[PDB]
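Positions are given from 1, in the same order as the sequence printed here. When the header is checked for method, it gives X-ray crystallography, 1.9 Å. Counting starts at 1 for both ligands and their atoms, in listed order. Just so you know, these numbers use all the heavy atoms, side chains as well, and skip hydrogens, waters and symmetry mates.
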Amino acid sequence: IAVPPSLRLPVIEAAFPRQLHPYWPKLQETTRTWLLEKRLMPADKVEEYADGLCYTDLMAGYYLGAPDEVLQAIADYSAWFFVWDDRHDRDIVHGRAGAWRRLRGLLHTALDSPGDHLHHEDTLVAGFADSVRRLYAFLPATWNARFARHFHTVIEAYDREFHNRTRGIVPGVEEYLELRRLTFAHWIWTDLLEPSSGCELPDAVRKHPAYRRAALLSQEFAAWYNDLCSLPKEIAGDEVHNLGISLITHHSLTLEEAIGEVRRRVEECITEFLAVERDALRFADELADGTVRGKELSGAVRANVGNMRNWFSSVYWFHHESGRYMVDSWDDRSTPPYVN
Ligand SMILES: NCCC(O)(P(=O)(O)O)P(=O)(O)O
Ligand SMILES: [Mg+2]
Ligand SMILES: [Mg+2]
Ligand SMILES: [Mg+2]
């Protein structure tokens with residue numbers, strides 16, 4: 001309830017009130033069981049840590065209005081995503097370049113044919129395939145293909161991160177901001193707005209400048225606020241990918257100065273979002289031209305922009321609730337207790 005001053009965003013607390021999807025209690029346990037049954041974490045670590053990681057809370061505060069089974073698929077995928085980030089980190093730390101390379105190729109393949117990988121020997125690949133197959137069942141194949149196109153790009157950004165960290169390369173500020181839109185998977189979360197509101201948006205709608213800019217700002221806030229909040233753990237873990245680190249490294253900023261510059265950029269996302277949110281909601285109003293399809297399109301854009309806004313509050317409170325970032329409570333600050 002009380003946020004550290006250096007992380008506190010009064011505009012979020014006053015103007016972005018938290019929302020919670022009514023399915024969240026069953027969501028929490030169902031994802032916990034999925035992590036167990038897919039063997040994505042040891043049973044000991046699931047029982048001790050899964051709930052305290054707040055992964056399902058993060059999604060349940062974001063995709064409001066989603067059908068229960070859509071939110072379940074999203075939450076399982078999101079938990080898988082955190083575990084994949086953990087495997088990526090461990091492969092880097094132990095120099096398992098071959099294991100990472102093979103996983104990367106398997107994920108590319110599984111992304112295009114998830115059914116063929118539902119029982120793969122690698123449980124991380126099998127869990128990926130199961131979540132992706134379920135996400136592919138909600139909307140037409142044209143949405144499935146866009147999801148895959150986007151996630152192929154994400155996988156390759158993770159590979160670039162692998163190269164950067166093994167070689168000890170800190171990306172430039174602009175290089176990093178470009179790469180961060182892919183490692184954070186901006187466009188996957190944006191894609192998943194549409195099954196949550198039940199509608200694949202035509203390209204002309206979702207590429208409207210107000211929709212695109214609202215969608216961008218929501219994810220930039222989420223990624224850069226994560227950078228601000230995960231900075232201690234990431235410095236502790238020899239992580240190089242973080243806006244603050246790029247600023248210290250290439251703009252010769254101190255730690256206090258870089259934190260302040262990240263904080264400022266986070267705050268600007270909020271007020272930039274508020275301005276373009278008005279345009280995006282005017283756009284939704286214009287889509288209701290009187291036809292049945294127009295009303296559905298209008299409702300779906302409104303829902304999605306609504307959830308772009310919810311992302312701000314969900315991500316904010318998640319970083320203060322989740323055990324994932326409490327580096328100060330670990331016996332080994334470079335080894336989070338929840339990774340294998
Ligand atoms: N994308 C989820 C994982 C992260 O946000 P986290 O800071 O490790 O929790 P990353 O910074 O690796 O992207
Ligand atoms: Mg990480
Ligand atoms: Mg990462
Ligand atoms: Mg981070």
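The PDB lists the drug found at ligand 1 under the name pamidronate.
Of the chains near pamidronate, the one making the most contacts is recorded in the PDB entry as epi-isozizaene synthase. With non-hydrogen distances under 4.0 Å, the site around pamidronate consists of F82, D85, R180, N226, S230, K233, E234, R324, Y325. At least one N or O atom of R180 sits closer than 3.5 Å to an N or O atom of pamidronate.
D85 OD2, 3.5 Å is the protein heavy atom nearest to atom 3 (C) of pamidronate.
By number and name, the other ligands or ions lying nearer than 4.0 Å to pamidronate are ligand 2 (magnesium ion), ligand 3 (magnesium ion), ligand 4 (magnesium ion). Taking every heavy atom of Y325 and a limit of under 4.0 angstrom, the matching atoms of pamidronate come to 6 (P), 7 (O), 9 (O). In terms of polar-atom proximity, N226 is counted as a contact of pamidronate, with an N or O under 3.5 Å from an N or O of the ligand. For pamidronate, none of its N or O atoms has an N or O atom of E239 under 3.5 Å away.
Near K233, meaning under 4.0 Å from one of its heavy atoms, pamidronate places the atoms 6 (P), 7 (O), 8 (O). Checking only distances, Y158 never comes within under 3.5 Å of pamidronate, N or O to N or O.
Remark: pamidronate atoms within the under-4.0 Å shell around heavy atoms of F82 are 2 (C).
Taking a cut-off of under 4.0 Å to the non-hydrogen atoms of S230, the atoms of pamidronate that pass are 7 (O).
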Quick check on pamidronate: any N or O pairs to the protein under 3.5 Å? One line per pair.
unit_1      : atom_1 : unit_2 : atom_2 : d
pamidronate : 5 (O)  : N226   : OD1    : 3.2
pamidronate : 5 (O)  : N226   : ND2    : 3.2
pamidronate : 7 (O)  : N226   : OD1    : 3.1
pamidronate : 7 (O)  : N226   : ND2    : 3.1
pamidronate : 7 (O)  : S230   : OG     : 3.3
pamidronate : 7 (O)  : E234   : OE2    : 3.0
pamidronate : 8 (O)  : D85    : OD2    : 3.2
pamidronate : 8 (O)  : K233   : NZ     : 2.9
pamidronate : 8 (O)  : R324   : NH2    : 3.1
pamidronate : 9 (O)  : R324   : NE     : 2.6
pamidronate : 9 (O)  : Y325   : OH     : 2.7
pamidronate : 11 (O) : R180   : NH2    : 3.1
pamidronate : 11 (O) : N226   : OD1    : 3.0
pamidronate : 11 (O) : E234   : OE2    : 2.9
pamidronate : 12 (O) : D85    : OD1    : 3.1
pamidronate : 12 (O) : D85    : OD2    : 3.1
pamidronate : 13 (O) : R180   : NH1    : 2.7
pamidronate : 13 (O) : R180   : NH2    : 3.4

